[PDB]
Amino acid sequence: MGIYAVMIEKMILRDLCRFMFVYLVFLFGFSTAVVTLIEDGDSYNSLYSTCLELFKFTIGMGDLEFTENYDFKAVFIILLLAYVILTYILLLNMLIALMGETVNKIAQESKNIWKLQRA
Amino acid sequence: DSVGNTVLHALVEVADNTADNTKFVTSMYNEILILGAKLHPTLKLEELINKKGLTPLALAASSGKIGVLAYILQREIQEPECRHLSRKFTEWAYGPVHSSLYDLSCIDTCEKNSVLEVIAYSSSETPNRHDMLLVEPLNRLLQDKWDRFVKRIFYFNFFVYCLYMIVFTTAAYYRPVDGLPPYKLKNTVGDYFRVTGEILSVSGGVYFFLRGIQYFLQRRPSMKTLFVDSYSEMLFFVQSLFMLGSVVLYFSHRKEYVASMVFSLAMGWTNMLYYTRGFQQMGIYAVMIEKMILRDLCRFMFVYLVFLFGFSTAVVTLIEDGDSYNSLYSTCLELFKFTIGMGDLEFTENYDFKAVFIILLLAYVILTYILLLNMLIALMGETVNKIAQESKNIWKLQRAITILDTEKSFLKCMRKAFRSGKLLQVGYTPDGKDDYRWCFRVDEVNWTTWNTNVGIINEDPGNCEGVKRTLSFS
Amino acid sequence: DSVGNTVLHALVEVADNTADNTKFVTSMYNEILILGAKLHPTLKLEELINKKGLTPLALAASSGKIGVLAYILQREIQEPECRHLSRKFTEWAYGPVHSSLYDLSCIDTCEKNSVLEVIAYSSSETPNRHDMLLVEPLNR
Ligand SMILES: CCCCCCCC/C=C/CCCCCCCC(=O)O[C@@H](COC(=O)CCCCCCCCCCCCCCC)COP(=O)([O-])OCC[N+](C)(C)C
Ligand SMILES: COc1cc(CNC(=O)CCCC/C=C\C(C)C)ccc1O
Ligand code: NA
């Protein structure tokens with residue numbers, strides 16, 4: 001288990017401050033995109049509430065219809081679908097990169113780190 | 001010849017980076033220079049020009065002959081009377097240490113066909129663009145001029161581009177929601193700064209356009225496969241199109257300015273991802289994204305769209321009106337909602353024949369899970385063995401383009417860009433004159449070999465105020 | 001010297017964990033001790049102190065010189081008259097078996113600059129913090 005804790009210590013210092021800066025951009029981008037579009041007439045017009053929805057696609061709750069207060073549907077969908085896609089692109093490389101970069105050797109290093117971290 | 005290629009221009013060309021060639025060509029390339037020195041000691045064979053303009057080194061880097069490009073740069077001719085031709089000279093060598101002076105004459109952005117100008121801006125049809133820039137001098141050459149007088153200018157652009165989009169976003173989120181789009185400035189602190197936000201956005205959006213035009217149908221005139229290889233500069237150009245598209249509609253009294261603006265925004269923040277050409281460990285992660293969206297999306301989506309448009313169409317035919325999820329669109333969308341994590345399985349009871357309606361959806365979910373899986377498996381078994389190396393190598397190139405384009409933003413001055421080497425003398429000509437030549441320094445060490453190699457340039461070791469030359473066969 | 005490093009304090013420092021160095025330094029590090037034994041058999045060269053306080057072993061572990069740190073701990077000088085310097089002694093050896101006595105004088109938490117106090121608490125700038133603790137005695 002000590003091996004498994006040390007991993008967590010080595011993404012939260014090495015492999016989060018990269019990734020989140022990327023994911024926040026798409027989010028703050030494609031969220032901002034939607035907010036500009038939607039016009040008040042519920043009342044999911046705030047940037048906050050909108051940024052939160054596009055976080056809910058990630059975890060597994062995606063409305064795709066979270067407001068019909070939009071003008072111009074086809075814009076409103078292409079973004080969300082372009083957000084989901086790029087997000088799936090982007091959550092994937094968080095997996096690929098970690099493998100091809102270090103899976104060859106973490107079980108050795110992480111074990112070695114544990115013996116120090118016990119020491 | 002009819003093309004103007006000499007002996008040396010051919011030896012470069014005939015190679016194809018294999019071992020036997022590379023072992024071979026470098027040797028014959030050695031001798032003929034030694035002969036051309038001994039026979040006619042004025043002919044600068046490495047400075048003659050074929051009809052296309054390219055010198056041998058230029059041809060080597062252009063066509064992408066890595067093994068030859070190694071030799072031409074980090075040669076070392078110990079033989080006296082023909083030492084002027086060498087490049088990798090060794091100055092002070094205090095025992096295990098030895099400091100070397102990789103020459104720079106035709107590989108810095110001062111000459112016309114500098115290799116580094118060729119290697120980066122050339123087509124992707126040239127094999128081993130990347131591995132050339134991993135040769136010893138060129139690699140360290142860049143990272144230094146990154147660590148001086150580029151990293152500053154680069155981050156400065158990163159600052160400004162952020163300030164662009166924060167303003168652009170700010171114009172948007174406070175856009176007027178009223179009638180038609182000329183919008184007739186009303187007087188208020190907000191609206192004075194609102195229109196300011198508009199102008200700076202447009203006036204900056206057009207900047208990407210013009211600088212984009214400068215890239216496409218001007219310097220680096222690219223073709224269709226080259227447009228997509230040069231991925232970024234499209235996106236910053238495509239951004240300005242929507243933006244310069246938006247402004248048209250804003251004054252054409254048509255409401256659709258918002259649409260064009262929004263697409264422009266979304267790329268624009270997504271475009272800020274581009275300025276991780278600094279910041280190594282993230283630059284590797286951007287380049288991956290550039291290499292599925294060109295190589296591993298146009299495959300996959302064509303597959304996934306089929307199942308979707310198939311199994312969606314299947315459902316639509318079945319369901320009979322009697323809510324009203326009968327349109328193909330609304331149905332195709334539901335089967336997208338299984339993927340992300342919202343699946344009704346019951347999204348209409350307007351079906352006849354339940355058992356059909358379920359077997360499809362379950363057969364869609366399954367095959368989709370089959371299909372999202374192989375998107376993972378294939379990428380591993382195809383390339384996980386080596387992306388961390390390649391992607392890293394791509395980054396060093398993709399930084400190198402940024403460096404060179406930045407140097408050109410400095411017109412010709414080069415005053416802080418002649419790339420240290422300060423005309424260090426490294427010997428004498430083969431007639432008696434001095435041999436001042438630009439030379440990037442490199443410090444090294446070898447514990448097995450002890451560096452008694454002939455060619456020391458400086459008796460007293462080191463680098464300070466006061467240099468003193470050696471009896472290098474004066 | 002101006003820093004107080006002796007011959008041995010230098011041999012540690014000059015290495016960089018490569019093969020040729022490590023093959024090299026351990027050998028020269030061997031001889032000079034054999035000589036310093038044969039010439040002046042009281043000088044405890046491995047117990048002298050640079051101005052920063054660190055003994056050679058301390059410097060080795062500090063700067064993170066794994067190959068040197070191996071040798072200094074699990075040495076074995078078969079040569080008589082200079083056996084006192086060895087650490088990896090062998091007690092009872094009933095044929096294939098042999099029981100060894102890795103010395104501990106400067107690697108347990110009793111002295112000031114014990115390696116194990118240095119290796120763990122030192123900066124991450126010291127390369128191979130981890131691989132040092134995989135040497136034979138320190139691990140077990
Ligand atoms: C309004 C203004 C907007 C900002 C505009 C910025 C303007 C100017 C920008 C300024 C930034 C840097 C200033 C220089 C500081 C150091 C100098 C130096 O040594 O050079 C170093 C620069 O330093 C780095 O590389 C630091 C690592 C940055 C990681 C990316 C940003 C974090 C985003 C997190 C967001 C997530 C938030 C939380 C998520 C939940 C380079 O040396 P190195 O050896 O290459 O460093 C290796 C580190 N590396 C591997 C990471 C690359
Ligand atoms: C330029 O820097 C980079 C940018 C990107 C992201 N690519 C994109 O811009 C495409 C995705 C943006 C959304 C598209 C659809 C609109 C119409 C809503 C990847 C690598 C990079 O280096
Ligand atoms: Na899920």
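Letters A, B, ... are given to chains in the order of the sequence lines, protein chains preceding strands, and every chain is numbered from 1. Not the full deposit; the contacts listed refer only to the portion displayed. First listed ligand is number 1; within each ligand, the first listed atom is number 1.
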Molecule at ligand 2; choices levcromakalim, vortioxetine, lodoxamide, capsaicin, sertraline: capsaicin
Chain with most contacts to capsaicin, per the PDB entry: Osm-9-like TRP channel 1
Contacting chains for capsaicin, heavy atoms below 4.0 Å: A, B
Recorded source of chain B in the PDB: Ictidomys tridecemlineatus
